[PDB]
A.B. asks: 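The structure follows.
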Amino acid sequence: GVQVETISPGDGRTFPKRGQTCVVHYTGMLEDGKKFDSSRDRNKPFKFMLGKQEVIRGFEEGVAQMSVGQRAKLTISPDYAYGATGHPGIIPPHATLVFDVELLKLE
Ligand SMILES: CO[C@H]1C[C@@H]2CC[C@@H](C)[C@@](O)(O2)C(=O)C(=O)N2CCCC[C@H]2C(=O)O[C@H]([C@H](C)C[C@@H]2CC[C@@H](O)[C@H](OC)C2)CC(=O)[C@H](C)/C=C(\C)[C@@H](O)[C@@H](OC)C(=O)[C@H](C)C[C@H](C)/C=C/C=C/C=C/1C
């Protein structure tokens, strides 16, 4: 559902716990295509809490398997992203998404 390829290793010890707030930087693009979003450009990190169904499955599960300081390429299949519906006006149906994610801190 989500493939994680390391860009920079984390500490390999400190992983997100259930219900924790993850602070990340991300850039999102359609597979081999258009970049639709980046938190790095506006220089403001993205925050979300696990176990609250706040983000797409592939993003949550991608971040959950990362340790603090890790940067990774997340390749997310449509079923773990926006599926057959897509995301209105931005993500088409059946889109494989690629996210560059860095886990900055846990809070
Ligand atoms: C302007 O920038 C947007 C994010 C944009 C939207 C459009 C997409 C292309 C994108 O560019 O992000 C994007 O790159 C993307 O696909 N993302 C964002 C990064 C994490 C992964 C993914 C995602 O899941 O987006 C999310 C996706 C679009 C929708 C969710 C997908 C999972 C599903 O379970 C949810 O249904 C419940 C809906 C958007 C978010 O990450 C934000 C944080 C979360 C929500 C909006 C909902 O979870 C909401 O439910 C009411 C909440 O619980 C929140 C916390 C309550 C408060 C008031 C809302 C804050 C809204 C913040 C919105 C932000 C920063």
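Numbering of chain A is taken from the PDB entry, so the residues present carry the numbers 1-107, in order. We read in the header that X-ray crystallography, 1.7 Å was used to get this structure. For ligands, and for the atoms within them, numbers begin at 1 and follow the listed sequence.
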A.B. asks: Report, using the naming of UniProt, the chain with the greatest number of heavy-atom pairs under 4.5 Å to ligand 1.
C.D. replies: Peptidyl-prolyl cis-trans isomerase FKBP1A
A.B. asks: Write down the drug at ligand 1.
C.D. replies: rapamycin
A.B. asks: Looking at atom 64 (C) of rapamycin, tell me if a protein heavy atom falls under 4.0 Å from it.
C.D. replies: no
A.B. asks: Under 4.0 Å and counting heavy atoms only, is there anything from the protein next to atom 1 (C) of rapamycin?
C.D. replies: no
A.B. asks: Residue-wise, which UniProt domain of chain A is most involved in contacts with rapamycin?
C.D. replies: PPIase FKBP-type
A.B. asks: Does the protein come close to atom 32 (C) of rapamycin - that is, does one of its heavy atoms sit below 4.0 Å from that atom?
C.D. replies: yes
A.B. asks: Should the proximity of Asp37 to rapamycin, defined as any heavy atom under 4.0 Å, be assigned to the side chain, the backbone, both, or neither?
C.D. replies: side chain
A.B. asks: Protein heavy atoms: any of them under 4.0 Å from atom 29 (C) of rapamycin?
C.D. replies: no
A.B. asks: Using a distance threshold of 4.0 Å (strictly less than), state whether atom 59 (C) of rapamycin has a protein heavy-atom neighbour.
C.D. replies: no
A.B. asks: Could you tell me whether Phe36 approaches rapamycin through its side chain, its backbone, both or neither, with non-hydrogen atoms closer than 4.0 Å?
C.D. replies: side chain
A.B. asks: Determine if the distance from atom 15 (C) of rapamycin to the closest protein heavy atom is below 4.0 Å.
C.D. replies: yes
A.B. asks: Considering all protein heavy atoms, does one lie under 4.0 Å from atom 6 (C) of rapamycin?
C.D. replies: no
A.B. asks: With backbone taken as N, CA, C and O and side chain as the heavy atoms from C-beta onward, which portion of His87 lies under 4.0 Å from rapamycin: side chain, backbone, both, or neither?
C.D. replies: side chain
A.B. asks: Hey, could you tell me which residues sit within 4.0 Å of rapamycin? Heavy atoms only, please.
C.D. replies: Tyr26, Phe36, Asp37, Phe46, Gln53, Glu54, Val55, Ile56, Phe59, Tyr82, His87, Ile90, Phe99
A.B. asks: Note down each nitrogen or oxygen pair, rapamycin side and protein side, whose separation is under 3.5 Å; give only atom names and the distance to 0.1 Å.
C.D. replies:
residue, atom, partner, partner atom, Å
rapamycin, 11 (O), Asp37, OD2, 2.6
rapamycin, 12 (O), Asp37, OD2, 3.4
rapamycin, 14 (O), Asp37, OD2, 3.3
rapamycin, 16 (O), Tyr82, OH, 2.6
rapamycin, 24 (O), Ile56, N, 2.9
rapamycin, 25 (O), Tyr82, OH, 3.3
rapamycin, 34 (O), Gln53, O, 2.7
rapamycin, 48 (O), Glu54, O, 2.8

